Amino acid sequence: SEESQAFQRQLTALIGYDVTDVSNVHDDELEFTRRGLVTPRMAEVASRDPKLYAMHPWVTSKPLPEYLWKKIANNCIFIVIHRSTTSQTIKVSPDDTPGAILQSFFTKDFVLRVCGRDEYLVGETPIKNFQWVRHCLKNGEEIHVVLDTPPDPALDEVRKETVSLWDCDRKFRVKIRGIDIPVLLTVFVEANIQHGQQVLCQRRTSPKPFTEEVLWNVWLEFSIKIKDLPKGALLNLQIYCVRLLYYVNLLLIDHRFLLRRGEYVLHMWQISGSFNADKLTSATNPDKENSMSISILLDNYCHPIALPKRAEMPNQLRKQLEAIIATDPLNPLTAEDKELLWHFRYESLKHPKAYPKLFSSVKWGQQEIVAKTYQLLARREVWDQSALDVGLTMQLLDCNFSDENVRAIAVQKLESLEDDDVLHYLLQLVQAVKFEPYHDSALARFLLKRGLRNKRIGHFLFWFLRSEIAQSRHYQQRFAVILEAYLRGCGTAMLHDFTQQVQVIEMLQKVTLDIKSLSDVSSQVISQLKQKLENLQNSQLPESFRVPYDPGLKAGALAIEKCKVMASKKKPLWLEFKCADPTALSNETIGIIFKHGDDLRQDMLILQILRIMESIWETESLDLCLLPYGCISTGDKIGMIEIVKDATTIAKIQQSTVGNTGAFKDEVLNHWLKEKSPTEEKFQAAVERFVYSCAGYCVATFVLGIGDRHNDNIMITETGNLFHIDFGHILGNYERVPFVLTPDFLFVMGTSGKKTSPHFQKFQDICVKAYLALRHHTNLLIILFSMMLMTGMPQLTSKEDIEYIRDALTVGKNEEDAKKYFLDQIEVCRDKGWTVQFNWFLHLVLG
Ligand SMILES: COc1ccc(-c2cc3c(C)nc(N)nc3n([C@H]3CC[C@H](OCCO)CC3)c2=O)cn1
């Protein structure tokens, strides 16, 4: 085969790493996992309905929220069906099927698409339940359909494809031959057997002089028995001299359940600059010329050794147990707590809330305990039956659980999330893949299934993986094998779509990096920008291409005219495009920023948390009006960002009538708003939208501990909606304010200095509801914030950083104590006025 063999050269193109390579493995686990994934891919490609798949309706079973029924006149939604230019309006009921809006139009074969978008209102679902509709209602807008012909399913077609460990009482051991580094103190090697961040045993070698080569040739006997090693155990090898210098890991029980034996030479990872996820990888360093290396031997018998495969209680105790179950994810367990959870494990099994703590009371270094823990997993009914709790589910998937049966039951719980909910957590489920001991895992397969099943999940899963494959040497192989599996099943139609997007953005990067090397901006630089963008619009670049942060959008021709290079430290591009779709109601460009020099992974994590907060507020009928704009990492330290329309900085609004100073004037923003409002009616709404959006960002920003911001990184729209930007900037550099509530903001609210008003009391009372709303999900947010810090921004691990959020969410405190607490934060804002903002001005503009 060849035509079905040049293919892999395209996949290796889309993936961005050569999955067939072997230059950096010490076993066949990746190969075994690729083979492993073939079955779940074809299972799902065969199992998906061709229609619904090709048109990926975007649907939701959650109730239509209150604040949107009130926006429906009376059981009456208006849709505008476009033919050519012969429009037409219809009175449709919220509970109306989409087809039925054809038994009601073919009365005065075909499918309804959305004007300007790749979105289809298809399938048996009430229109109240299509996201694009809900997006229309929320922003008060006519719903436009183009009414045309189905895409053809046939274009989504995929092209044609021994001794039992439990009989070994010998203490386990490993020989350290020694270490070699090509180029350079006293030095030694530390060997740990870890399971799930739990350390089972430790031994070291004697210290030695640090030279180009250091040999010991010692056996290190561990205090743990061969039969007592759990599946997922890591041998963790480290090098000290006290500071840590190099680490590497090796699974002691391989993907085949074999105790691991023989000679191993492993190139090790360095430490730059408390644990992030890179510390956990089974992947060996690819870079050999440079990397410290270690050489070991594992005993090597014949001799394949395969890992095989309730009463009452007092009352002081029960309440002690209840107090433990309740405590938050980050609150530590004493030995005393653990022995208690374990002894009363059966009474602990009735409370799913308890599972994270129960399965952390387990000594995984003991066969018989693990064996009892598996009996525990067989009596799992209460967990199996209870309503899905994503907060619970994520905790079992973090770095604290290495047993795959514990992790599998969390994944079981996820299988019952509707698509919509999958998109909310997708980014973090993919980061959670870094915590899996093995390349092939239930969570890895599950992400594969849900992608292959829904082009929308699938489009994002593509980019999230490609971002990691592009900037993570620790996990690229594994992510490569998951991407590869996904691409070989998405459909040739998707495959061509992904290829377009890749071709375009790769070009644009080149431009970006190139203009970047010429350096505020010279009109020499402004010149080449326009020039290269003209090159592109030629005989390479395809006509259009899906915008990656918003898959429903096709971008077409650029707008050379409007595109610019901005005056940042780095030189990011400000590009704009035409909607490639003629059926577009408007003619506004699609505006996208391109930047090198920031790791955009971190901004992605924050934005997606923001969407989750907006989703938590919808449960309580709150719309705090955030603008979590699109952001997609596409490669090392580089990617794109969506541009929000009709928006300036708050600092620019000040600099407009004070001119680069700090003489910030309390009345300037409310004057800018009135300045841009055609009616005092629109103006009132922009003031209403301000109060919500600003409150919304005070709470979220405060919980996430990124509320103390420079005035240049807070923006607003000509319509009152306020939003923060550039979250990577405070995260990735690290007198104080909790969030940013400034004299100009308060002034817009009807309060001066130390006063009060109907809008400010509206403000405070949206904050309180908001703040309390999030604390109802204290466990969700604590695990997400913790997993965020671990997989996304190293340096910000330590532990002490991770625990900021417990303080913020005020765990333990009762609502009334908590309500008061936030209001006091607001009051720290009223007190400092322009202080910090002025400080941020001196520092960030004058050093
Ligand atoms: C993590 O990296 C980054 C980098 C850039 C942004 C970013 C987002 C943004 C959005 C979503 N919407 C609108 N409307 N603008 C935006 N801007 C503008 C700020 C003012 C600037 O003007 C400088 C001369 O005054 C022009 C660009 C941004 O920078 C966010 N994160």
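Counting from 1, the numbers follow the sequence of the chain as shown. Determined by X-ray crystallography, 2.5 Å, according to the entry header. Ligands are counted one by one from 1 in listed order, and the atoms in each one are counted from 1 as well.
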Drug at ligand 1: what is it called?
PF-04691502
Main binding partner of PF-04691502 (name per UniProt):
Phosphatidylinositol 4,5-bisphosphate 3-kinase catalytic subunit gamma isoform
PF-04691502 binding site, heavy-atom cut-off 4.0 Å:
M566, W574, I593, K595, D598, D603, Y629, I641, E642, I643, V644, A647, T649, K652, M715, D726
Within the 4.0 Å heavy-atom shell around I593, which atoms of PF-04691502 are there?
7 (C), 17 (N), 27 (C), 28 (C), 29 (O)
So, is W574 polar-close to PF-04691502, with some N/O to N/O distance under 3.5 Å?
no
UniProt domain, chain A, most residues near PF-04691502
PI3K/PI4K catalytic
With a cut-off of 4.0 Å, which atoms of PF-04691502 are near a heavy atom of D603?
1 (C)
Would you mind running through PF-04691502 and noting each atom that sits below 4.0 Å from a heavy atom of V644?
10 (C), 11 (C), 12 (N), 13 (C), 14 (N)
What are the atoms of PF-04691502, with element, lying closer than 4.0 Å to any heavy atom of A647?
14 (N)
Determine whether any protein heavy atom is located less than 4.0 Å from atom 23 (C) of PF-04691502.
no
Which UniProt-listed ATP binders in chain A sit within 4.0 Å of PF-04691502 (heavy-atom distance)?
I593, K595, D598, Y629, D726
Can you pull every nitrogen or oxygen pair between PF-04691502 and the protein closer than 3.5 angstrom?
from        : atom 1 : to   : atom 2 : distance (Å)
PF-04691502 : 2 (O)  : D726 : OD1    : 3.2
PF-04691502 : 12 (N) : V644 : N      : 2.8
PF-04691502 : 14 (N) : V644 : O      : 2.6
PF-04691502 : 25 (O) : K652 : NZ     : 3.2

